[PDB]
*Asks:* 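Structure of interest includes acarbose; see the questions below.
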Amino acid sequence: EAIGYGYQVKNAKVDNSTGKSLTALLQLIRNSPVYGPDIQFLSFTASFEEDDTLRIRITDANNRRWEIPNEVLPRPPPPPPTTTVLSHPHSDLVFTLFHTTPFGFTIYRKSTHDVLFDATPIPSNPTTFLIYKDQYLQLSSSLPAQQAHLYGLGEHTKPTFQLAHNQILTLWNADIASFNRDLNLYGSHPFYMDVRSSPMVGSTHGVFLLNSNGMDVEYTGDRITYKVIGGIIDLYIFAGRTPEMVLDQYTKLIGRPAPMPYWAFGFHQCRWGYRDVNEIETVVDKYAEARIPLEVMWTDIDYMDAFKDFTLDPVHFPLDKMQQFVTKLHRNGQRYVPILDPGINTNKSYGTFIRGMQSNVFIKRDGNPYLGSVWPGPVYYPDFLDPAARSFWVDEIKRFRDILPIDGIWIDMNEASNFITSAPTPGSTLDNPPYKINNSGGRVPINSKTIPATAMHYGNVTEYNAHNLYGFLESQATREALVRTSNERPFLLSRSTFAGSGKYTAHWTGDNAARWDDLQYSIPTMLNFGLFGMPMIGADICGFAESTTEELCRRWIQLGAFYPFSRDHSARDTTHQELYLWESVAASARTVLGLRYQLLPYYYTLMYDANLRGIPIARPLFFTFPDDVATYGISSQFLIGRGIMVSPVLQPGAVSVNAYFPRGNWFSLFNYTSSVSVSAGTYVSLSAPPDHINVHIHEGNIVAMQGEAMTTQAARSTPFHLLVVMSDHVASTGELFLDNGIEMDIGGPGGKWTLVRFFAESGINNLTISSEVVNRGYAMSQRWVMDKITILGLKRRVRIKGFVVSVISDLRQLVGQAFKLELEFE
Ligand SMILES: C[C@H]1O[C@H](O[C@H]2[C@H](O)[C@@H](O)[C@@H](O[C@H]3[C@H](O)[C@@H](O)[C@@H](O)O[C@@H]3CO)O[C@@H]2CO)[C@H](O)[C@@H](O)[C@@H]1N[C@H]1C=C(CO)[C@@H](O)[C@H](O)[C@H]1O
Ligand SMILES: *[C@@H]1O[C@H](CO)[C@@H](O[C@@H]2O[C@H](CO)[C@@H](O)[C@H](O)[C@H]2NC(C)=O)[C@H](O[C@@H]2O[C@@H](C)[C@@H](O)[C@@H](O)[C@@H]2O)[C@H]1NC(C)=O
Ligand SMILES: *[C@@H]1O[C@H](CO)[C@@H](O[C@@H]2O[C@H](CO)[C@@H](O)[C@H](O)[C@H]2NC(C)=O)[C@H](O)[C@H]1NC(C)=O
Ligand SMILES: *[C@@H]1O[C@H](CO)[C@@H](O)[C@H](O)[C@H]1NC(C)=O
């Protein structure tokens with residue numbers, strides 16, 4: 001039998017007397033036994049959510065099906081031959097329903113007529129049909145192969161940021177190490193961005209399937225096809241047309257990136273295997289002796305009593321010593337983050353288990369708590385869809401925090417990971433689904449090393465449907481526990497994620513390896529998590545698995561000092577890799593962490609921008625240069641903010657790197673006299689000695705920096721130095737957001753914050769540098785001072801009333817007081 005026969009339009013109508021939506025009823029042409037029962041009648045709606053977002057929702061006309069609950073991911077409710085067209089005068093997107101047999105639909109741009117999503121079937125080829133079976137949804141669009149450049153569909157390790165043609169991407173959260181290319185990893189993000197090189201260069205849109213079920217997405221260059229094993233089609237198309245606008249639109253739907261406290265941009269140290277409190281104190285002390293900044297010390301599962309959450313090893317990490325350790329960190333302006341796993345050990349004398357049982361908080365299967373295996377041995381898993389389990393989790397965190405202060409939490413193993421695979425329930429098509437997704441690259445059963453699909457959650461929800469939400473739900477509950485126990489802005493790092501997780505948590509790339517490949521893989525993954533609305537992202541510096549080398553670690557701290565989340569972490573069976581252990585690594589770390597710390601106000605401003613509009617901190621070159629098609633395929637360079645580009649060495653033995661430079665003039669942030677100037681964008685062979693990484697700022701940008709220091713608190717008390725990079729063709733601008741670094745509501749109505757905008761423009765004989773300030777009172781009360789301005793990008797010197805560098809020193813200006821400074825040429 002054929003896979004399916006598709007659907008015909010039975011009726012369709014655009015609702016008059018309203019900002020139009022379109023409603024249609026589809027009927028199945030013919031049943032097929034392949035992949036299980038076809039849904040006979042579908043309700044099909046297309047509607048505009050905003051002018052820039054089109055929503056296409058396809059459900060069973062006669063029965064409710066699983067959808068991600070509104071409480072989990074709040075969003076506007078669904079709307080209340082021949083073609084049927086839907087358009088709005090203030091929308092660029094035009095929707096068309098084609099009454100062919102089988103039927104089709106397209107979305108195109110009113111302005112350019114470019115077709116963005118084309119689900120018109122090829123009548124002879126059922127692989128192109130919409131097929132809608134209880135456990136097999138198939139939706140396919142053709143694509144213009146050479147002109148469509150796609151990014152996203154995480155989480156997967158790949159050597160390229162742009163998706164390669166001819167691959168299958170599987171979304172099924174799994175405890176599979178990120179050192180493995182291609183395989184489905186810890187998170188599922190069914191979003192892609194499509195940048196078109198033609199007809200209008202840089203025209204971008206986004207496509208999101210809001211569905212938490214397992215799926216395979218097959219991309220062959222001229223087509224992309226979703227093959228989803230449950231749920232509904234609830235497809236959102238975001239009009240763009242710039243890549244930035246796409247992410248603003250996408251995060252408006254899934255949630256804005258959470259704000260992060262200023263200290264989370266400091267350097268973090270962790271290792272699986274630290275043996276006792278004396279060892280972690282020694283590591284903190286050695287960082288200080290090496291003069292390498294260290295902001296946060298982390299403890300992995302070693303700190304627990306026999307790997308049990310909410311306990312301390314009474315021999316190796318005794319409470320009195322841990323309390324002294326944390327008090328000392330805090331006296332020195334440092335912070336402490338411990339790990340938590342979701343599985344609760346089943347020991348009848350363990351207080352956490354006793355309380356979990358009393359509140360009936362655990363996931364069940366066959367009516368009994370589901371017994372998994374993780375680090376402490378036998379565990380039950382809290383059901384984070386159950387309000388009682390969330391209350392339990394809040395209470396356990398409160399109890400532990402009351403005994404040992406903490407500054408944030410790292411939540412791991414929350415796919416959920418299970419070290420055993422349970423036998424499938426006989427006869428269940430959930431544990432034995434008719435279509436097998438490409439789990440682990442080998443069509444491995446979905447229950448492998450996780451909680452079985454037939455396990456049940458609050459509201460009679462199956463693990464089959466809710467699996468991909470577990471990590472996301474635990475992050476919501478964990479952030480709530482932190483907010484309920486401290487008035488500071490919280491900090492959370494989570495392994496497993498789903499679309500929307502960025503509203504609650506940071507992420508890291510997971511179990512990478514100390515390999516040169518993985519050093520490079522960290523860049524596409526960092527860029528992808530920006531697109532996923534999770535801009536606080538990084539990889540374990542020097543590599544988690546396998547022993548690192550001096551050279552790899554030196555090149556990795558050079559790159560990793562620029563990740564939004566910068567942490568050295570390592571597995572227990574490997575050589576130690578704290579940055580002070582090799583002199584060449586330590587010397588490089590001091591240099592690059594020095595620059596990162598000077599850039600703290602800039603990272604923090606970019607965090608504020610990400611929370612406001614979804615724009616990532618670490619971004620692809622084509623976010624700033626979308627009209628430059630040469631940037632679309634770059635995977636080994638990235639921007640921090642608009643105009644700073646990092647071009648790392650990624651090969652052993654190299655003392656140069658061939659790096660792409662977009663049109664214009666670029667200046668090294670490590671030596672302002674070193675510059676690159678290109679006309680048409682091109683590759684430049686940058687010198688990159690063992691102790692150096694290339695980081696350049698482009699003309700047209702102004703960045704406010706503060707001084708180096710050993711802690712971010714100390715850094716905030718230093719003077720500001722403004723770096724102004726002039727351009728011959730456009731005025732230069734920049735922005736600085738300031739608050740106390742820890743307010744719950746960032747930029748809220750309380751007004752405990754200031755936003756400064758900087759401007760600079762050259763006349764024929766003068767130069768004006770100025771600022772404009774919103775809420776001057778607050779920055780004034782914080783005493784922030786701008787004592788220097790450096791001006792790059794001109795070929796003549798300026799003073800107060802080849803390229804040269806002009807420095808205006810001794811200013812003593814309050815950052816809170818708007819200024820206008822007039823300079824003259826020499
Ligand atoms: C520590 C890590 O352990 C577990 O994962 C490891 C597997 O047990 C190993 O067998 C090995 O599996 C890889 C095979 O060697 C390779 O041939 C290929 O099949 O890929 C396999 C990996 O999928 O390596 C795995 C990763 O080291 C466990 O599943 C994983 O969750 C553990 N990592 C977390 C645990 C801790 C300790 O609390 C944290 O330090 C880490 O940051 C966590 O991510
Ligand atoms: C549940 O937790 C108990 C408290 O730690 C465990 O019993 C204790 O195990 C210690 C470490 O293995 C051992 O030194 C203690 O003498 C003993 N304490 C008590 C109060 O019995 C218990 O461990 C299991 O049961 C004991 C009797 C021994 O046979 C251990 O070897 C067992 O692992 C924990 N139960 C389970 C299922 O782990
Ligand atoms: C800096 O120079 C610019 C010109 O490059 C000045 O702008 C001109 O000012 C004169 C009066 O002094 C006007 O008649 C011209 O029409 C202006 N030109 C433009 C383009 O607007 C500017 O005033 C100077 N700034 C200062 C404070 O000296
Ligand atoms: C900075 O760059 C210039 C130009 O190559 C060079 O002469 C100088 O020695 C460099 N070193 C410093 C001072 O950082």
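Numbers here are sequence positions counted from 1. Just so you know, ligand 1 is whichever comes first in the structure, and atom 1 is the first atom listed for that ligand.
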*Asks:* Which entities in the file belong to acarbose, all copies counted?
*Replies:* ligand 1
*Asks:* Name in the PDB entry of the chain with the most heavy-atom contacts to acarbose?
*Replies:* Alpha-glucosidase
*Asks:* Could you say whether the N/O atoms of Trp272 and acarbose ever approach to under 3.5 Å?
*Replies:* no
*Asks:* Is the closest protein non-hydrogen atom to atom 7 (C) of acarbose under 4.0 Å?
*Replies:* no
*Asks:* Have a look at acarbose and work out which part of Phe419, if any, has a heavy atom under 4.0 Å from it: side chain, backbone, both or neither.
*Replies:* neither
*Asks:* Tell me the organism the entry assigns to chain A.
*Replies:* Beta vulgaris
*Asks:* At a non-hydrogen distance cut-off of under 4.0 Å, which region of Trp410 contacts acarbose (side chain, backbone, both, or neither)?
*Replies:* side chain
*Asks:* Protein heavy atom under 4.0 angstrom of atom 29 (O) of acarbose, is there one?
*Replies:* yes
*Asks:* Between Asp540 and acarbose, find which residue part has any heavy-atom pair under 4.0 Å and reply side chain, backbone, both or neither.
*Replies:* neither
*Asks:* What I want to know is whether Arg495 and acarbose share at least one N or O pair that is separated by under 3.5 angstrom.
*Replies:* yes
*Asks:* Is it the side chain, the backbone, both or neither of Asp341 that has a heavy atom closer than 4.0 Å to acarbose?
*Replies:* neither
*Asks:* What residues line the site of acarbose at a non-hydrogen cut-off of 4.0 Å?
*Replies:* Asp175, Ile176, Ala177, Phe179, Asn180, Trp272, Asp300, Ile301, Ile339, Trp375, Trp410, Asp412, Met413, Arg495, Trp508, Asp511, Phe544, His569
